[PDB]
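Each sequence line gets a chain letter, starting at A and going down the list. The residue numbers of chain A are those assigned by the PDB entry, with the residues present covering 11-129 sequentially. By the numbers in the PDB entry, the shown part of chain B spans 30-388. Shown for chain C, in order and in the PDB entry numbering: 1-171. One-based numbering, in listed order, for ligands and for the atoms of each.
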Amino acid sequence: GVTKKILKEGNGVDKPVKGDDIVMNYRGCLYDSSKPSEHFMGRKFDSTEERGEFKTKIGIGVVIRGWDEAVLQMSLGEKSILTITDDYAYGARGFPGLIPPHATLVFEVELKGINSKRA
Amino acid sequence: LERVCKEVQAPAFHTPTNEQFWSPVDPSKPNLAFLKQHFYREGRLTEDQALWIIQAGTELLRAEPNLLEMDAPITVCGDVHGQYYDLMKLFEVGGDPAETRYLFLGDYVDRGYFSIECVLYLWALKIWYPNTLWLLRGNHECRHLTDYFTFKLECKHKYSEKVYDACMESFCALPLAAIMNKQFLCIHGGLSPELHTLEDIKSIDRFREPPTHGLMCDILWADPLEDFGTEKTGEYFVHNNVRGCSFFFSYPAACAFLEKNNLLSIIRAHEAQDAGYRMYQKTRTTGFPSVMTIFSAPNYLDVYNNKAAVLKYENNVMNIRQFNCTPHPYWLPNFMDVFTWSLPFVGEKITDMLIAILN
Amino acid sequence: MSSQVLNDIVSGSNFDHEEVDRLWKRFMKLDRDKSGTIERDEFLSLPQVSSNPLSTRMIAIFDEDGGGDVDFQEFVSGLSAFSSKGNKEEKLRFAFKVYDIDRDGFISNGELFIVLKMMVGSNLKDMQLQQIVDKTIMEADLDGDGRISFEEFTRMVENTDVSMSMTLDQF
Ligand SMILES: C=CC[C@@H]1/C=C(\C)C[C@H](C)C[C@H](OC)[C@H]2O[C@@](O)(C(=O)C(=O)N3CCCC[C@H]3C(=O)O[C@H](/C(C)=C/[C@@H]3CC[C@@H](O)[C@H](OC)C3)[C@H](C)[C@@H](O)CC1=O)[C@H](C)C[C@@H]2OC
Ligand SMILES: [Ca+2]
Ligand SMILES: [Ca+2]
Ligand SMILES: [Ca+2]
Ligand SMILES: [Ca+2]
Ligand SMILES: [Fe+3]
Ligand SMILES: [Zn+2]
C-alpha cells in the first residue's frame, strides 16, 4: 500500500506513536510514471508552502491509511517520499475536483514536530 | 456570528455594472482604476465584460508585427505567472503605465491563481496604451501548458470555457520578439539553431499554437547553457534535457548572433532567479552582457522566496529594480469551495460519533 | 415524566419496529441516570464524542427543539437521516444542519467560519479561512442576500456523494 523512501534521516530517536500530534510540511503530487528522477511526482495538488504547516493526530485513522502507517515509521526531522496506492488513499471515490478515482499519490514529507518537540 | 474576522477585507462579491465598467474619461475603454481595485478585491467581471477586453486586445495584438521595434526609455519585465498582487508592486516600482513605456516578455499565466486578473488588467492597459505598452508571448501562453497547469481550470472556475478559448486565440496573436532601442533582442526564451538573422523571426507564422520543434518553439523555450561563458565543448546548441524540448545555447552562439545582427545583448526571461535577474558574460566587442535574464515573479510558487526584478533602461543606464513578494489571498487547491472541501471529513466525524453511540 | 407512541416514531422515520426496539436499548445505555432523556453530559461522557471536533454540532442537531436535552423521538429522528433506506434530500438536509448553527435555514458567513474552524484548528490562519469562506459565499449566494440557503447549498455540492458520507451500514 505505501512505500517510504528516505531523503534525509531524522534524529533516529523520536518517533510518532498512535495518538501523538504531529507537525508536517508536505507537497502532494499525482503519480506520473514518465518521471522517475522526480520520484514519479507529476502535477502538484497541494502543499504546505502555500498555506502553513500541517497538524493532525496520527495513527487514529483521521488521515489516509498510507500516512497513518508511514508516519509512525519516521523520526523527528526526517524528510521522505511516500508513494501511496489508491486503496491506501482516496480509492474509487477520489476527492471531487482534486483527486481522480483510483489515483496513486506521491508526497514529499518532512516531520517537523511530534507533540511539543520540534526538529 | 455574522462575520468572525472583521479585520479581513471581504472580496468584491458582485460583478461591475456596465456603468462602472466603462471609463468616464473615454467611454470606448474600460475604467482602469476601477478594474485595478476590483481585481485587487478578488472581484469578477461579467462574461461579456471579460470577452470584450480579451477580444479588443486581440484586435490590437494581431495588427502588430512578429518582431516589435521600440525605443527606450522603457521598463522590461519577465515572468508574472498569475501573481496579481506582485504585478501591482511591479507597476509601483517600474512606473505608472500612464507615463511609462513597458515591455513584458510573457508567462502571464499559470501557477499563480490570479492569472485571469493579470491577463484582463494587462490587456486593459494595452487597450489604453497601445503605443507605449507591449506584450510578448511566453511558453505558457498556449493551450498545452494552460491545460497541464492551472489557467484552464482557473478560467472555467471564475468565468467559462468561452473566456478560456478567447484567451487562447489572443495568445496566438501575441508578438514573439522585440528589438529594443535598436540595441537588444528581447524574447521570452532563447536563441535557436534556426535563428540566423532577424528576418527569420519575421518569416514565422505566429498565429497558431507553438510547435514542439522549430524556431517558434525555441524563441519561447530555449535557455543559456548552465556553464554559459565557461564552456569546454564548442557546440552552439545542445538538446535541452531540462525542458525536454528545444535547446541550450552557448556564449559563442550568443556572440555570433549579436555580431551578425549588430545587437548588444539578448534580454530574456523564462528562468527563475534568486536575485530576480542574472547578467551573463560580457561580449568582447562591446562589453555589454551577452545575455540578461529578468524574472518578475517574487517568492515564485509561494516556495522560492526569490526577489523579482524589472529592468528600467533610460539615459543609457540599465537600472535594475528588485522587489520582494506581497501577501496575497488564499485559495483552496483547484479553487475548491469550502463545502466540497469539508463535507467528506464532516461525514466521517458525524458517523464516528453515531457509531460510538450505537456500538 | 412522559409518554410516546412507538408506532408513530416508526412510521415517521426510516426505521422498522425491530430497529426502533434496538434503538431504545441504545438510548437507555446513553441515558445513564434513567431520566428518559439524554443530557449534554451523557453525550460528552463518551470519549469518542468529547474528542470529536463536531460533538457540539451533533448534540445540537439531535436536540431538535433546542430545549437542552434529547428525548427518544429526537434521538430516532436524528439517526433516521443516516438509514440506508433514507433519501438523498434528507441526507443533504442533515449536512446543511451541521453548518447552520442558529437553525434559521441559512448558513451565514460567521456560522460557516466557526464550524470549519472546529475541524481545521490552526491548519489555516484565521485570515486564510475567512478568505475562502468569503469566496465560497460569493460563489454560492445566487440571490445575493449574503447567506446560503438550502437550495444554494445543494447546488454547490452536486458532485459530492453526500449520501455516501451520511449513511450507516448497520443499526
Ligand atoms: C473542514 C476541512 C476538512 C479537513 C481539512 C483540513 C484539516 C486541512 C488539511 C490541510 C487538508 C487539506 O486542505 C487544504 C487537503 O489536503 C489534501 O490536498 C492532501 O494533501 C492530503 O491528501 N492529505 C493532507 C495531509 C495528510 C494526508 C492527506 C489527508 O488524509 O487529509 C485528510 C483527509 C482529506 C482525509 C479524508 C477524510 C474523509 C475520508 O472519507 C477519507 O477516506 C479516504 C479521508 C485531512 C487532513 C482530514 O483529516 C481533515 C479535513 O478533511 C487532500 C487531498 C484534501 C484536503 O482537504 C480536505
Ligand atoms: Ca438522562
Ligand atoms: Ca430536545
Ligand atoms: Ca443560520
Ligand atoms: Ca443566498
Ligand atoms: Fe515561466
Ligand atoms: Zn517560460
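Present at ligand 1 is the drug tacrolimus.
Tallying contacts with tacrolimus (ligand 1), the largest count belongs to the chain named in the PDB entry as Peptidylprolyl isomerase. Other chains in heavy-atom range of tacrolimus (ligand 1) (under 4.0 Å): A, B, C.
Checking only distances, A:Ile74 does come within under 3.5 Å of tacrolimus (ligand 1), N or O to N or O.
Remark: distances from the non-hydrogen atoms of A:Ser57 to tacrolimus (ligand 1) are all 4.0 Å or more. Remark: distances from the non-hydrogen atoms of A:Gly38 to tacrolimus (ligand 1) are all 4.0 Å or more.
At a heavy-atom cutoff of 4.0 Å, tacrolimus (ligand 1) is contacted by both the backbone and the side chain of B:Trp370. Residue contacts with tacrolimus (ligand 1), taken as heavy atom pairs separated by less than 4.0 Å, do not involve A:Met34 at all.
Using a 4.0 angstrom heavy-atom cutoff, A:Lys65 does not count as in contact with tacrolimus (ligand 1).
Close to tacrolimus (ligand 1): C:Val120, with a non-hydrogen atom less than 4.0 angstrom away.
For tacrolimus (ligand 1), the residues with any heavy atom closer than 4.0 Å are A:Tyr36, A:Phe55, A:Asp56, A:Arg61, A:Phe64, A:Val72, A:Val73, A:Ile74, A:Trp77, A:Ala99, A:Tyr100, A:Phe105, A:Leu108, A:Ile109, A:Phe117, B:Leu361, B:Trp370, B:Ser371, B:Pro373, B:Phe374, B:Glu377, C:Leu116, C:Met119, C:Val120, C:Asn123.
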